[PDB]
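In what follows, every chain begins at residue 1, and chains take the letters A, B, ... in the order their sequences are listed. Whatever order the structure lists them in is the order used to number ligands and atoms, beginning at 1. Hydrogens, waters and symmetry mates are skipped; everything else that's a heavy atom, side chains included, is used.
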Amino acid sequence: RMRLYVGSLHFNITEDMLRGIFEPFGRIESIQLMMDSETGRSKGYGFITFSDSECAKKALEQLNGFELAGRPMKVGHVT
Amino acid sequence: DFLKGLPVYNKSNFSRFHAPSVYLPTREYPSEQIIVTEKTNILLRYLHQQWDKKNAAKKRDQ
Amino acid sequence: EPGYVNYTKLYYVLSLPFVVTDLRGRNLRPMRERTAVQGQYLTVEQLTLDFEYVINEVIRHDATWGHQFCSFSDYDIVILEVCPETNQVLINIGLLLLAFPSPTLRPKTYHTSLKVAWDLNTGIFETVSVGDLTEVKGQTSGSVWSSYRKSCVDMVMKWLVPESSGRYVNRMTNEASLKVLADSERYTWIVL
Amino acid sequence: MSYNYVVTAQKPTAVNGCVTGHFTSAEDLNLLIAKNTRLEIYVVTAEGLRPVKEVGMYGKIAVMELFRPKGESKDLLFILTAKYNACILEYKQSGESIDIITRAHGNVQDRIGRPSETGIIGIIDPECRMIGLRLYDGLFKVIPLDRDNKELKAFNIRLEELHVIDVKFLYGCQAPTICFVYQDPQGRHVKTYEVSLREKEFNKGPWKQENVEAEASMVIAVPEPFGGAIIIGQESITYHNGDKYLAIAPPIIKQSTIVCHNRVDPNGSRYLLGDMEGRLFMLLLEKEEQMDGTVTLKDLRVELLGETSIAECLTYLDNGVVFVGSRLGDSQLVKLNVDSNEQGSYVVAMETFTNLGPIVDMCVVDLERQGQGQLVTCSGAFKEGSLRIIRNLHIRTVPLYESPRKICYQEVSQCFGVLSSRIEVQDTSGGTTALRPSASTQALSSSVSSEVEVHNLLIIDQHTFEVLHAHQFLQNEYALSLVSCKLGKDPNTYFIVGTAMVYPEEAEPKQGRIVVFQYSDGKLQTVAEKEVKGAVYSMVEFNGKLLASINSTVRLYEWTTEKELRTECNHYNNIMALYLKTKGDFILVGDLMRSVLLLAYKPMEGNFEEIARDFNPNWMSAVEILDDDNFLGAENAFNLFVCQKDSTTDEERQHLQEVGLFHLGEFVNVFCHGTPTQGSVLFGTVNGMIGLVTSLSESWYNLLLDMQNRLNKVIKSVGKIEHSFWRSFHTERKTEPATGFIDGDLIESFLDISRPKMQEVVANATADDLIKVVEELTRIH
Amino acid sequence: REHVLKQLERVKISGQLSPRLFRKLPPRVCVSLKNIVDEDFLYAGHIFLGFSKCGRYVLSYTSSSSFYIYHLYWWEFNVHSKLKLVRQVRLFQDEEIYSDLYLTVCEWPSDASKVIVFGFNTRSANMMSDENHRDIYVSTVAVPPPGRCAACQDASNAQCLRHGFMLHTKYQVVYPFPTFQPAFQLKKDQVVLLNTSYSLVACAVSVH
Ligand SMILES: NS(=O)(=O)c1ccc(S(=O)(=O)Nc2cccc3c(Cl)c[nH]c23)cc1
Ligand SMILES: [Zn+2]
């Protein structure tokens with residue numbers, strides 16, 4: 001019911017890593033980390049879709065602006 | 001302009017102007033030293049090193 | 001020999017449950033019986049490591065704050081390294097516990113990290129790091145596990161050494177999505 | 001089953017390393033030269049270079065450094081091979097007896113870690129406290145130099161900088177210190193680290209990290225009193241030492257990349273620098289004495305001395321004499337002097353040493369006789385480019401002063417067709433101009449088709465090797481393939497060229513031509529042209545038809561009575577069809593990444609049939625057909641392999657089996673054809689080594705294989721490397737023992753061992769039986 | 001950018017040919033999925049996963065139907081030629097899955113003989129979706145033989161144990177739900193490390 005935008009990620013951060021970091025907040029329907037077709041590597045951005053709205057809200061509050069490797073993660077909303 | 005005064009190890013070496021045998025080692029093997037690589041992982045080695053130093057920091061008080 | 005390790009071995013010819021079969025559907029033959037000479041036989045091995053045991057053993061013998069400890073709640077395990085040459089599995093242990101503070105009373109909820117090396121040949125575990133007892137103030141169960149996994153990721157990236165082109169673990173998954181299927185070593189693409 | 005015999009006809013001639021020191025004795029000044037697998041030891045004498053001993057190591061020499069630890073009366077030698085065999089060697093002479101003692105040895109390969117871009121780097125601390133090795137990205141390997149311990153326990157230190165360009169140990173440091181240039185997304189930087197043997201870790205370096213030029217490529221560790229480091233870039237040369245920083249941007253170095261250096265003076269006052277154009281410079285470190293007795297570096301200066309052969313390495317010897325170690329041309333001994341000559345040069349060549357490498361192409365001909373074969377190679381590169389005429393070895397050199405690419409002989413015209421390339425530069429007026437005269441600009445007559453590469457087809461006289469005619473291809477047109485043949489029912493013999501249009505905007509060619517030429521009355525006439533949609537990599541005459549490979553397609557063309565090429569059939573199952581060889585109706589295709597495949601032209605169908613493919617990820621360099629069922633391949637990891645058609649189901653027959661495997665230790669560019677053994681295939685390599693491959697019967701192979709095992713028990717190896725380990729097929733993916741291949745060099749070495757050792761080799765056959773066997777085998781080359 | 005012909009000319013004179021040089025240039029061959037797929041498998045609806053470690057095969061799965069049945073496929077790749085089906089196996093034998101799994105097919109570093117299929121649902125069921133519990137499904141499947149196999153030849157699609165076996169396992173995980181770590185879990189050439197929330201199991205499968 002709620003979709004979030006995840007950005008400013010290190011090029012070696014995997015979908016499985018993002019699932020692990022975001023899953024403790026609530027149930028996730030779909031996670032899609034955008035990859036480059038030319039030179040197969042992560043684009044540094046993606047979309048995580050929580051089953052619950054309040055679960056997605058707390059994930060943003062506790063992860064937005066906080067460093068993942070040395071890059072501060074940017075978690076936002078859509079539409 | 002600045003080339004002059006080149007190193008001289010021996011003057012004789014290039015005074016007389018100019019214009020190799022193959023080494024087949026015969027049965028003789030005298031040696032008493034070998035080269036080996038660190039079997040343990042570098043991340044594990046570091047953590048072991050840090051925790052063993054922490055154990056020494058515990059023995060000094062106790 | 002130790003109580004924390006459990007080992008099971010089963011042989012097949014034409015703890016976790018196993019539905020070992022052929023390409024069709026025949027459940028093969030579960031046995032340990034004698035079949036002399038290498039005449040094509042299957043071998044399954046199961047070496048377990050009880051987290052509950054490891055946690056209680058490291059707090060009792062290797063934690064300075066071990067005397068303060070009461071009981072633990074949830075625990076999250078993240079592998080930090082696997083050394084195939086020495087058969088050593090380095091696992092990190094996230095722990096939510098109950099403990100009394102310094103003699104400066106009231107029991108409090110804390111979070112800590114336990115790094116443990118696990119030998120696959122012997123099955124014997126060894127403790128390599130016992131973290132500091134950090135207080136859980138105003139932060140939820142989800143918040144503490146997210147912060148923990150982030151630190152595990154932070155460490156593996158910091159210690160990341162590139163591997164040779166031929167020792168890579170291939171990982172394939174498609175959503176219903178991928179645009180191209182690439183063969184990196186032969187520069188061949190399948191456009192979807 | 002396929003049994004093959006590989007033997008050296010000509011040892012590698014290219015020099016990859018050269019060092020000076022006191023190895024044979026404390027008094028002797030030595031010159032050590034590494035020629036891939038070969039180590040040459042000389043004494044710098046009154047006459048000028050006295051050869052003392054040449055040893056062949058069972059490995060490709062990657063690191064070669066002389067060092068003197070405490071207690072040693074003379075220098076010891078450290079060698080690391082491409083297969084990571086490490087050894088410390090001592091030269092021992094007792095009267096007339098000479099022995100190379102292995103002081104310590106072991107393999108330092110890591111299962112993990114990926115080989116670095118700038119390759120293996122091996123460095124030794126000036127105080128001989130340790131050996132440092134950069135083998136893989138993210139790791140720094142340290143071998144502690146302790147003499148009072150049974151084993152030299154080497155360890156890895158994690159390096160945060162994953163892309164290091166160059167590294168050296170610094171002089172005048174209380175703690176061993178490395179200085180290195182590395183690249184990251186922010187550019188290139190210079191950093192230092194202290195190396196702690198006690199903690200098995202790095203400590204903060206003596207001086208702060210500094211930013212360097214985008215193309216900073218080499219580090220020079222300056223000796224005391226100066227200390228510090230020199231970093232060589234494309235447009236600048238800088239000096240770094242704690243607070244001290246000097247920077248010069250001489251325009252004289254901008255044109256070409258400096259690729260080698262050598263210290264002239266022990267105190268580091270002068271250095272020699274060699275660039276990609278063969279220019280020789282002197283780098284001068286101007287000093288200033290302080291009142292506290294210490295010497296500081298006041299300024300840096302560069303002076304152009306002259307031109308030498310394109311240097312891979314340089315070594316100052318004695319009395320202004322410099323050894324120029326070349327990989328792309330002939331090596332030299334040059335004299336440096338204060339007074340400039342007629343051209344204004346300060347360099348005079350004293351001696352020239354023949355280098356056949358790289359052999360990019362070759363052909364076997366009967367020029368003077370009828371039954372006597374001579375080898376004609378396309379040798380060297382750039383200004384060093386030449387043709388080499390080799391016969392039973394006698395070598396004749398034909399300088400071209402430009403890069404030869406392909407060669408074909410045309411008997412009816414008594415000439416050779418040679419594809420060549422010359423560099424031209426964009427000037428102020430008109431188009432581009434040649435920087436030096438060469439074969440393509442000095443021909444008797446010339447024609448034109450109806451920094452940058454300018455391609456030509458050269459017609460060279462078979463007797464005088466005079467450039468009779470030069471035909472220049474179109475602007476941006478690169479000539480890739482060449483054949484001399486008759487086609488269809490046409491009685492004329494033609495020079496046929498396959499090309500590609502190369503532009504400074506795109507990566508892959510999407511246009512090219514097949515051009516048919518006829519040489520008559522001292523000129524080349526264009527008979528026909530055929531437009532293609534890619535690069536024509538390879539062409540072979542095929543049963544009166546023209547077989548060609550264009551990008552990923554193999555195509556058969558017919559030559560009409562109207563003098564036109566007409567496409568008959570195509571094969572598309574390729575990534576990059578680079579190499580083609582044929583025998584009857586069978587075609588062997590060599591892929592850049594997919595090993596080899598076998599095709600058959602079907603005359604009754606007018607199409608190709610894909611017979612079988614080798615399902616292995618071999619990055620091919622050359623291919624050859626040994627016979628109807630055996631196919632020879634050479635790949636990027638310096639290995640040879642033999643494929644055979646699997647001898648019930650169509651799928652079984654469609655799978656080629658690798659039946660022969662052998663680590664050659666050379667990079668093969670060309671294979672050409674030209675009772676104990678059967679057949680004769682000659683091969684040319686990047687190091688100028690010439691080898692021969694021949695077939696053996698089952699019984700001959702069995703006897704020679706047993707002979708190898710017996711010889712390996714008697715012949716001792718320098719650095720204690722096992723012969724079987726050396727010849728084992730090796731890639732980053734797998735390591736397998738050699739199979740179906742006999743090392744001819746090893747078996748020939750039987751004739752060189754003493755009579756008491758021969759009897760121990762032939763024990764449970766007589767010595768005379770095998771002497772007769774080996775002697776008849778030496779006659780195959 | 002460096003031209004492929006300029007890069008190839010470096011090889012001839014240097015003897016240095018490696019993929020870590022062709023790293024920046026575009027792919028040599030690009031072929032669309034629709035031009036190499038057999039038209040008889042259109043109604044099946046295959047979900048192509050990609051290439052195996054060696055460029056010989058191209059893998060795909062089927063999510064056929066409350067009750068989902070999974071199938072793993074091996075297709076013979078030959079550039080522009082049509083894909084030829086080599087192997088078709090039924091994933092997770094005698095296991096009824098009530099929800100669509102997010103499956104992943106993995107390969108060991110040096111072991112080409114076998115593959116692993118890790119399939120998990122978003123959340124477990126007990127018709128009704130049950131929270132704080134998740135089902136993990138893992139299958140170890142043997143790849144088809146590379147060439148002529150003496151044991152495979154003996155038949156009465158009959159394939160020997162070494163080049164034709166399958167393994168299936170299933171475990172329930174609790175909160176916090178364990179992290180999927182394919183690179184570490186299979187770092188040992190013949191072992192699968194599985195976090196069952198309560199214990200870590202070392203699973204080694206080998207044919208002798
Ligand atoms: N080369 S790398 O980018 O460093 C790299 C990439 C993936 C893997 S993994 O497959 O083992 N996954 C993995 C590792 C560690 C933490 C987590 C969490 Cl949390 C979820 N999945 C994790 C290892 C190393
Ligand atoms: Zn089989």
(request) Identify the compound at ligand 1, choosing among praziquantel, indisulam, resiquimod, mavoglurant. (result) indisulam
(message) Hey, quick one: which chain has the most contacts with indisulam in this structure? I'd like the name as UniProt has it.
(response) DDB1- and CUL4-associated factor 15
(message) So, around indisulam, which other chains have a heavy atom under 4.0 Å away?
(response) A, C, E
(message) I'm trying to map the binding site of indisulam - which residues have a heavy atom under 4.0 Å from it?
(response) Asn12(A), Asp16(A), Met17(A), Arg149(C), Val153(C), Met157(C), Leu160(C), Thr179(E), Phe180(E), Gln181(E), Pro182(E), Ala183(E), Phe184(E)
(request) Filter the residues UniProt lists as binding Zn(2+) in chain E to those having a heavy atom under 4.0 Å from indisulam. (result) none
(message) Can you pull up the source organism of chain E from the entry for me?
(response) Homo sapiens
(request) Please state which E7820-binding residues recorded by UniProt for chain E are within 4.0 Å of indisulam (heavy atoms only). (result) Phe180(E), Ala183(E), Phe184(E)
(message) I'm curious what the deposit calls chain C - any idea?
(response) DDB1- and CUL4-associated factor 15
